[PDB]
A.B. asks: 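As an example, take this structure containing tivantinib.
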Amino acid sequence: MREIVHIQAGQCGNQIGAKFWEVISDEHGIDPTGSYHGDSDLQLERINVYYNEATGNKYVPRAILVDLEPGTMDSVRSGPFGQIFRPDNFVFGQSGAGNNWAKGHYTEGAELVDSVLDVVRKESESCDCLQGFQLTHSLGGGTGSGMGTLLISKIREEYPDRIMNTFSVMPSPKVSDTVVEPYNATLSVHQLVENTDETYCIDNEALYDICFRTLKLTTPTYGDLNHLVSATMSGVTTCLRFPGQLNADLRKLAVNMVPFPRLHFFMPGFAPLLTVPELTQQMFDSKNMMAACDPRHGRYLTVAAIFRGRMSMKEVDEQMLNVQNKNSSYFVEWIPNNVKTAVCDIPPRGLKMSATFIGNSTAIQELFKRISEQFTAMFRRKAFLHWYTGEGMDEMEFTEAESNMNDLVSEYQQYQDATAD
Amino acid sequence: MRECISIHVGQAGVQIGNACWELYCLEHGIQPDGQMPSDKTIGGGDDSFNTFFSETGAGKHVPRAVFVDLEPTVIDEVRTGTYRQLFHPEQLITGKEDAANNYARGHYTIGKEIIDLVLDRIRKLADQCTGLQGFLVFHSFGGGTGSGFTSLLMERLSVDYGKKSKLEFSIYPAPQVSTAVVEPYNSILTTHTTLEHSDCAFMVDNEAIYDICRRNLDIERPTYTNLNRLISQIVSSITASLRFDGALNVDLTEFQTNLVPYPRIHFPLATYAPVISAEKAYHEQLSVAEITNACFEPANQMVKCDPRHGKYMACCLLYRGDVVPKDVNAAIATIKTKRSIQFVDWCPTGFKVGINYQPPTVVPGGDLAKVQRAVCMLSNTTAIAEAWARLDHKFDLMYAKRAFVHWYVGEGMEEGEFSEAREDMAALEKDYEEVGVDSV
Amino acid sequence: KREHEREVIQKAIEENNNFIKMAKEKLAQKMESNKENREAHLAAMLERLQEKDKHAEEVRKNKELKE
Ligand SMILES: Nc1nc2c(ncn2[C@@H]2O[C@H](COP(=O)(O)OP(=O)(O)OP(=O)(O)O)[C@@H](O)[C@H]2O)c(=O)[nH]1
Ligand SMILES: Nc1nc2c(ncn2[C@@H]2O[C@H](COP(=O)(O)OP(=O)(O)O)[C@@H](O)[C@H]2O)c(=O)[nH]1
Ligand SMILES: O=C1NC(=O)[C@@H](c2cn3c4c(cccc24)CCC3)[C@@H]1c1c[nH]c2ccccc12
Ligand SMILES: [Ca+2]
Ligand SMILES: [Mg+2]
């Protein structure tokens, strides 16, 4: 088979990580004990992509749980589907990052990283043919951000010919009051642009605005934000988990989504928050993006979309052709046929039909400009910079991370302004 | 003798192979277990169907075929499918990792790890032939395996079998059933690399087949199964002369003499008729004149282009079923005086005709109506170059920005190979333009 | 005439062998070139990951030298 090794670091990473496993375990029809009690063989066709098969038909998630503090580790084990995770795959420190990137990347995490790699190595060595790794984490914290990016670099050393994918949660003052977050983000982006093949930009700013303005939820909880994330993560991995007209893996997705290596930051979307024409227009609407960016402020390099549920496929094909024609200016012309539609017969839990969106848009620069703006506001004053230099870092590493993310923005702008002739 | 070995590469090649061989079995009365009651010579024979089927002492008729894919899941369906008894396990070769829509991985990184094994299994088939005629290679242009590995295999076959004939059935990419954005890259790279190693290549435009299934069989959204069952009928029509005998039967090699005026000009345009549903074919007999006239309707072509705006360099008609020369000649005479059929000035204008009395066959639960007579026209037209032009344009749009090129470079390829491949295509488009110019 | 007949078939053999020969060499050249390039690409990738380790040592070293 073609196995994916899941990793979840820090608080945020384990929260959405656990939710991801709760949702897909339900779709594939397995209970927290690891036993299969489904009705369709399509649930087990490509189950090995995310699950190991143990004695007595026990399906164990190929997941590795990480955090520099043992608190969250108890939460998962106690939470639903806590009894399904492999006990030895729990790797926890005692320190705690304290929202310090340097601690997670150079100090505290660098001391725990080896014991994580031993678990990564054990899972990987048993794979028939490993295709890559997927990481869930936030960029605003210290562990999932700092140590998460350390693991990526370390894993890429031992598996340089495997795909590295990440579900990165971007920080937003609308959700977290923590002041130092734009430092952890910029430093993390400095790593992700160099050492990941695909990154799903899960933006808290977007997640907040959706819950508040659309779902009509004032003072939204993390549970509300994750209900969006889980539905998204379920959507973008459907083609990896189920058999269809065309079966996908991490590599084939990267080849089709990433025209240039650095420009691998996708803005995911979901609909609804019906009939086929309704779904299609919503998923291309800016209100339905999980990244706080207007796609009509830039151009699409590539676009991928799933339609889940039993519906008219003739209708879906016509509407997707319809949108591309009416919005032709927002798709680069120097990449022919840069929009693909996928279809899964099996709908999600609760919805008769839905649609998930993956866009490699140049409008993603808006998200990076926001972080860069908040970053430079703190860095011009050198506020709380002692927490980083205290761990042995230099001012340059802040400057380099800043200018590298600046280049990423301008590079996205370059191909936005490019023309066929 | 005159055996033909089929090679099916990648998903497209394999799945088309499934349709073709299933169809062959039904045409020859071969059962899914390989037994053929009408065949009285047990364990061998020099009959016509022996060109495609070998025989075991137990009376099993085994396809002279190899199925190759760098990923196991497609061929695994063959291993556990209806016709799993038909193939010896060694004829079905799989790796653990596909080429990921990348020519480089199919030709180099992944393909090189299995190329020696494939050649060994091909050799085992060849050593069972008393007079091997050549190879038939089924593959897609767009897939990493169909593109990359095929070209590697074709190169290696030219070394191991010299100038032994190698024919192609190539699936030309279409947006309606696309699998990758880099299919134009893979298409240009394969065509360039394979050009010197192929004697004749029958391109099948998926959009053409997609349109025909929608228009003529009223299939609202055709699947690969829909496309493949139509394709196998065209393939069957072309290989019919090799698999059957008859007085008016003309060998494919004779058509090939007329179809290839220069080595690089070896891409015939196939047109098939009648494609019709059971509902419409009921109480509706399509005569010889009607199906022959349908061959000059561009809507029935395997490749999207306009021969009416091009020039002919050969025209072959391969009939099967209830057909006699008298009705063919009458139909042709009518067509010549009503259609836009113009030949280049350096070639004769006569249509070459072949007839196989064995009537057309359809697969159970299929969409195609069973008819008493069908026809496949093979023409050498300058208009087929339009297919190259469309592909080369999509190639240019992306390559001007070097989009997705890093995925190839990362696998060891160089930009020089891209430009070298594109220049060869430019020369090929020019070649088709030159052959159409009147003589001095 | 007999002499010409020999020269024709010999020329046919020569051209056939030359085509096989050139094809065998052109392929060997390609697989070799591709092997070099892919290795050099992976080697470069590991080198700047090696640089990230050396940097991390210099960071942890710099910490204890400020106490
Ligand atoms: N007509 C037809 N075309 C097919 C079929 N299967 C795949 N294709 C076409 O083949 C192209 C992609 O190549 P594939 O054969 O699927 O890929 P591959 O050869 O297995 O190579 P990989 O990328 O390594 O998987 C697409 O443009 C498809 O439209 C089929 O069954 N019938
Ligand atoms: N969507 C979401 N974001 C979270 C969650 N928990 C923390 N975050 C975000 O992550 C950042 C804090 O990072 P955290 O995960 O606590 O750091 P760590 O645990 O030390 O790696 C803040 O910007 C939060 O918005 C969660 O459950 N859901
Ligand atoms: O299954 C699939 N594998 C791929 O490589 C995807 C793809 C993206 N582009 C493709 C192109 C061509 C063909 C396939 C694909 C054009 C540009 C972007 C495709 C897909 C369609 N919707 C999805 C939703 C979630 C995950 C994957 C997919
Ligand atoms: Ca016999
Ligand atoms: Mg394949």
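Order of the sequence lines fixes the chain letters, A, B, ..., with proteins taken first and strands second; residue numbering starts at 1 for each chain. If you check the header, you will see the structure was determined by X-ray crystallography, 2.2 Å. Note that ligands are numbered from 1 as they come in the structure, with each ligand's atoms numbered from 1 the same way. Only a part of the entry is shown; contacts are counted within it.
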A.B. asks: Which ligand or chain identifiers match tivantinib, all copies included?
C.D. replies: ligand 3
A.B. asks: Could you tell me the main partner of tivantinib here, using whatever name the PDB entry has for it?
C.D. replies: Tubulin beta
A.B. asks: If you measure heavy-atom distances to tivantinib, which other chains fall under 4.0 Å?
C.D. replies: A, B
A.B. asks: Provide, to 0.1 Å, the distance between atom 23 (C) of tivantinib and the closest protein heavy atom, together with that atom's residue and name.
C.D. replies: A:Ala304 CB, 3.6 Å
A.B. asks: What does the PDB entry call chain B?
C.D. replies: Tubulin alpha
A.B. asks: Quick one: look up the protein heavy atom nearest atom 25 (C) of tivantinib and list residue, atom name and how far away it is.
C.D. replies: A:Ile358 CD1, 3.2 Å
A.B. asks: Could you check which of A:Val339, A:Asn256, A:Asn337 puts a non-hydrogen atom nearest to atom 15 (C) of tivantinib?
C.D. replies: A:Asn256
A.B. asks: With only distance considered, is A:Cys239 within less than 3.5 Å of tivantinib through an N or O on each side?
C.D. replies: no
A.B. asks: Just to be sure I read this right, does tivantinib sit under 4.0 Å from the backbone of A:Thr356, its side chain, both, or neither, counting only heavy atoms?
C.D. replies: neither
A.B. asks: Under 4.0 Å, heavy-atom basis, I'd like to know which part of B:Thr179 is in contact with tivantinib: side chain, backbone, both or neither.
C.D. replies: backbone
A.B. asks: Which option, B:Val177, A:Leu253, A:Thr237, A:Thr341, owns the non-hydrogen atom nearest atom 6 (C) of tivantinib?
C.D. replies: A:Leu253
A.B. asks: Could you walk me through which residues contact tivantinib, taking a 4.0 Å heavy-atom cut-off?
C.D. replies: A:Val236, A:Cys239, A:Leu246, A:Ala248, A:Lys252, A:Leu253, A:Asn256, A:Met257, A:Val303, A:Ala304, A:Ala305, A:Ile306, A:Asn337, A:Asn338, A:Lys340, A:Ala342, A:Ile358, B:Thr179, B:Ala180, B:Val181
A.B. asks: What does the N/O contact table under 3.5 Å look like for tivantinib?
C.D. replies:
| unit_1 | atom_1 | unit_2 | atom_2 | d |
| --- | --- | --- | --- | --- |
| tivantinib | 5 (O) | A:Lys252 | O | 3.0 |
| tivantinib | 5 (O) | A:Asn256 | ND2 | 2.7 |
| tivantinib | 22 (N) | A:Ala305 | N | 3.2 |
| tivantinib | 22 (N) | A:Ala305 | O | 3.2 |

